[PDB]
Participant: 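Context: structure of papaverine in complex with PAP4.
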Amino acid sequence: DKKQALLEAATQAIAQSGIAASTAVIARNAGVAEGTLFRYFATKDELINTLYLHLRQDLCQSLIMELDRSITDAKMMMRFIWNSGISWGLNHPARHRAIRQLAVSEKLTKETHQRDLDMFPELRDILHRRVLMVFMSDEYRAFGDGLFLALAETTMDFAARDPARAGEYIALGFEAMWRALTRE
Amino acid sequence: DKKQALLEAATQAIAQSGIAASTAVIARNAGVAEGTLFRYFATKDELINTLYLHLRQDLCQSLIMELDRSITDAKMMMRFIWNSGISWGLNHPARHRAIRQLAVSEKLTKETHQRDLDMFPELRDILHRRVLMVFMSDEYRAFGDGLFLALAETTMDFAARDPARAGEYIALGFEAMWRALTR
Ligand SMILES: COc1ccc(Cc2nccc3cc(OC)c(OC)cc23)cc1OC
Ligand SMILES: COc1ccc(Cc2nccc3cc(OC)c(OC)cc23)cc1OC
């Protein structure tokens with residue numbers, strides 16, 4: 001599948017180099033001509049948006065399959081989601097870094113954000129109820145995502161380096177993020 | 001001054017590579033033999049700690065010089081200090097990135113942390129009064145600094161890429177950081 005090879009190649013290149021990764025380099029590492037990349041993605045912006053949703057879907061498969069939903073308290077559910085996302089990101093550091101590079105890019109469309117939210121309805125509902133309004137807004141969502149992902153990456157880095165304390169770092173990082181980004 | 005040249009070469013190398021930066025490379029980039037580096041710094045860990053204090057001293061010179069001394073409210077003082085620090089880091093991205101790499105390395109000693117905050121007593125006193133106790137503890141201070149510096153660098157990134165909203169990024173990032181780290 002040329003498209004799957006392109007998505008994997010875009011993941012690695014955008015993780016490494018951000019959205020400034022050129023469509024010509026992505027094509028080469030996928031083993032195809034650049035016109036072939038545009039054969040599957042009309043523009044680079046479409047590739048950015050398609051890749052983002054592809055990576056979010058991969059993450060969400062882990063978040064949802066793992067979700068202990070004997071849980072109805074929102075913060076408890078979010079802690080579980082956080083823990084699962086930490087595990088996913090440590091297992092897939094390039095996929096996680098690509099999500100972060102794409103999320104802070106301001107290239108993601110309204111349709112992409114809507115589909116992203118709707119892929120995981122329980123998470124969506126909690127974010128709309130609890131995240132500070134400015135960080136769900138079109139104007140500042142990318143900044144809210146940037147702050148969230150900065151705290152997530154720091155938590156992952158410390159957990160990876162000091163596994164004896166990993167559970168404590170993950171808990172403290174979740175709690176700091178929760179205070180920073182949510183309101184009662 | 002080869003000590004200053006070594007500190008500058010160490011700043012750029014550690015900003016790029018973290019504390020894995022090679023002392024042979026730092027010495028070569030300062031134009032001296034590697035053994036000359038160790039005449040100025042007894043060990044690589046001492047270089048790490050001295051450089052951290054050197055860069056924190058530079059930052060604090062701006063923080064202290066800029067601080068409005070008529071402000072007595074702790075949070076408002078910290079908002080001013082945050083803004084001054086954002087300005088300094090945007091003007092000196094390698095120095096700030098080196099501080100971040102050194103802070104999260106866990107190679108900074110308790111004494112170095114003490115000497116660091118003693119350079120800016122107003123900041124020191126506010127941190128001890130307001131930061132969550134876990135993030136002032138020896139065991140989790142490096143993580144507290146990592147969270148702080150992650151929010152700081154994200155704020156700098158957005159203010160630099162979208163300067164038309166710099167004041168809003170700086171204010172939103174401060175409040176997020178403040179809620180993350182204080183009680
Ligand atoms: C550790 O990394 C993650 C952990 C959880 C998620 C799921 C998620 N996506 C978007 C916004 C989120 C916002 C959250 O809280 C504000 C949150 O708390 C668990 C999870 C969120 C994504 C993650 O990275 C993309
Ligand atoms: C934007 O970058 C900075 C801004 C302020 C400072 C000063 C400072 N140093 C250590 C811990 C700090 C912790 C703070 O709040 C918890 C704080 O609020 C203004 C400033 C802090 C350092 C900064 O980077 C090293």
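Chain letters run A, B, ... following the sequence lines, proteins first, then strands; residues in each count from 1. One-based numbering, in listed order, for ligands and for the atoms of each.
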Participant: Could you give me the letters of the other chains with a heavy atom under 4.0 Å from papaverine (ligand 1)? Thanks!
Facilitator: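 Chains with a heavy atom under 4.0 Å: A.
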Participant: Polar-atom distance check: A:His96 versus papaverine (ligand 1), any N or O pair below 3.5 Å?
Facilitator: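 Looking only at distances, the answer is yes, because the N/O contact criterion of under 3.5 Å is met.
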Participant: Taking only heavy atoms of A:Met177, which atoms of papaverine (ligand 1) are found under 4.0 Å from at least one of them?
Facilitator: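 Reading through papaverine (ligand 1) atom by atom, the close ones are 15 (O), 16 (C), 18 (O).
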Participant: Does even one non-hydrogen atom of A:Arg56 get within less than 4.0 Å of papaverine (ligand 1)?
Facilitator: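 Flag set, A:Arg56 near papaverine (ligand 1).
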Participant: Tell me: protein heavy atom nearest atom 18 (O) of papaverine (ligand 1), and distance?
Facilitator: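 Atom 18 (O) of papaverine (ligand 1) sits closest to the protein heavy atom A:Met78 CE, 3.4 Å.
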Participant: Measure from atom 12 (C) of papaverine (ligand 1) to every heavy atom in A:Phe148, A:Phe174, A:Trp178 and give the option owning the shortest one.
Facilitator: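 Closest candidate by heavy-atom distance is A:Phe148.
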Participant: Give, by chain and number, every residue with a heavy atom within 4.0 Å of papaverine (ligand 1).
Facilitator: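 Residues with a heavy atom in range: A:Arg56, A:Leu59, A:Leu63, A:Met78, A:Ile81, A:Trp82, A:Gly85, A:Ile86, A:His96, A:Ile99, A:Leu123, A:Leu127, A:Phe148, A:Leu149, A:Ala152, A:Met177.
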